[PDB]
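Entry below: contains fidarestat.
Position 1 is the first residue of the sequence; numbering continues from there. Every heavy atom of this structure was used, including side-chain atoms; hydrogens, water molecules and symmetry mates were not. Indexing begins at 1, ligand by ligand and atom by atom, following the structure's order. Per deposition record, X-ray crystallography, 0.9 Å.
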Amino acid sequence: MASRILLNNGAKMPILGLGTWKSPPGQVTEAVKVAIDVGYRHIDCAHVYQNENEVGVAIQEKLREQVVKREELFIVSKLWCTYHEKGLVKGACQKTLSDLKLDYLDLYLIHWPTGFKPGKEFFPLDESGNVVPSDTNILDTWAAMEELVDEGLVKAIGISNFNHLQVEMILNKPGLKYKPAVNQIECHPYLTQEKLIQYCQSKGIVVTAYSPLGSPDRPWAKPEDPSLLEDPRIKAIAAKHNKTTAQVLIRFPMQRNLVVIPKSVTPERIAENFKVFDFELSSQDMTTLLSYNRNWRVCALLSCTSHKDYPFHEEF
Ligand SMILES: NC(=O)c1ccc[n+]([C@@H]2O[C@H](COP(=O)([O-])OP(=O)(O)OC[C@H]3O[C@@H](n4cnc5c(N)ncnc54)[C@H](OP(=O)(O)O)[C@@H]3O)[C@@H](O)[C@H]2O)c1
Ligand SMILES: NC(=O)[C@@H]1C[C@]2(NC(=O)NC2=O)c2cc(F)ccc2O1
Ligand SMILES: [Cl-]
């Protein structure tokens, strides 16, 4: 299995990256240093994660150390919902660049299709509870993203949590200058995403699978929720291949032509999660894992279900 996938901007993207949502600021610098030392070349970041400065300390140390060259890293970040405003997009990108200690991003994503009222709060609320939207058309946010490419701040632009009608709207944008390179979406055996993945791939958009292990550290986890890592059917496939359940869960999206971004702050697991290029799941294994689909979502942005652009009312 090749390590990189070709994007529609002509650049190559590592199919395995390190996730950083929930990685504590006092742990993520070591996590990213270890990741780069054991082979990771792709880090998935976001301003809303509140840890980009600490991720950046690690990246900069490894560049200064000459453990890696900048051209060999693939750093991804995302535009938060409170920065949809065309006049805030550049400053949001530049703050992320400054925090990450970078002069460009390899990929910058619109984090969600939903724009929120700008301000200090990431989830600005009305007195009665709901997300206060912004009025900025997401085609206009896309144009602002295109300007970042034309200014040299980012090499590629893309989207995240867009449903197929929303992807289509971008593809059909009057005057579209750059297609999205990537759509980053939740994907794992309980949310297999066949319909949306086929759509994106037919349009030459690469899909990145987030929460591939089912996000056991998500802050709203409950006892009775289904657990990928503990599912005896998945552990059986792992046992047959002499791999861990996490390794099967990471290899699965790789064999669907997806990029995958498991998160860990545990050095042994970071190294574990990378040793997935030495085995193959059979077609029968792949179809069996696909059969576990339950339409079960980790990340449903539940405060935003009446936003006009909430993505998950549509089938796909
Ligand atoms: N675009 C979006 O809206 C969006 C949404 C969600 C996620 N993401 C991205 O996708 C990344 C991954 O998703 P996620 O963080 O939700 O969850 P995940 O990667 O599915 O699961 C992370 C959890 O699995 C544990 N873990 C990692 N490797 C393990 C292993 N080998 N064995 C057992 N447990 C293991 C981690 O523990 P330790 O860390 O304690 O080792 C952590 O609790 C995020 O960090 C973020 O970068 C993006
Ligand atoms: N509730 C949700 O679905 C999202 C998920 C999400 N995780 C992620 O990586 N992207 C997200 O937007 C997240 C991250 C945060 F830092 C804060 C909130 C939050 O909520
Ligand atoms: Cl963000």
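- To find every copy of fidarestat, look at ligand 2.
- Counting heavy-atom pairs under 4.5 Å, the chain with the largest count for fidarestat is, by its name in UniProt, Aldo-keto reductase family 1 member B1.
- Neither the backbone nor the side chain of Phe312 comes within 4.0 Å of fidarestat, counting heavy atoms alone.
- Taking atom 5 (C) of fidarestat as the reference point, the nearest protein heavy-atom neighbour is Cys299 SG, 3.6 Å.
- With respect to atom 12 (O) of fidarestat, the closest heavy atom belonging to the protein is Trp112 NE1, 2.8 Å.
- In chain A, the residues that UniProt lists as binding substrate and that have a heavy atom under 4.0 Å from fidarestat are these: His111.
- In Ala46, neither the side chain nor the backbone holds a heavy atom less than 4.0 Å from any atom of fidarestat.
- Selection from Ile261, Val48, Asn51, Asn161 by nearest heavy atom to atom 16 (F) of fidarestat gives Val48.
- For fidarestat, the atoms sitting less than 4.0 Å from at least one non-hydrogen atom of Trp80 are 12 (O), numbered in the order shown with element in parentheses.
- Judged by heavy-atom distance, the UniProt NADP(+)-binding residues in chain A that approach fidarestat within 4.0 Å amount to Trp220.
- Shortest heavy-atom distance from fidarestat to a UniProt active-site residue of chain A, with the residue named, rounded to 1 Å: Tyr49, 3 Å.
- Near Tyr49, with a cut-off below 4.0 Å to any heavy atom, the atoms of fidarestat are 8 (C), 9 (O), 10 (N), 16 (F).
- Counting heavy atoms within 4.0 Å, the binding site of fidarestat comprises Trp21, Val48, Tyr49, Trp80, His111, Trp112, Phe123, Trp220, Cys299, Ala300, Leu301.
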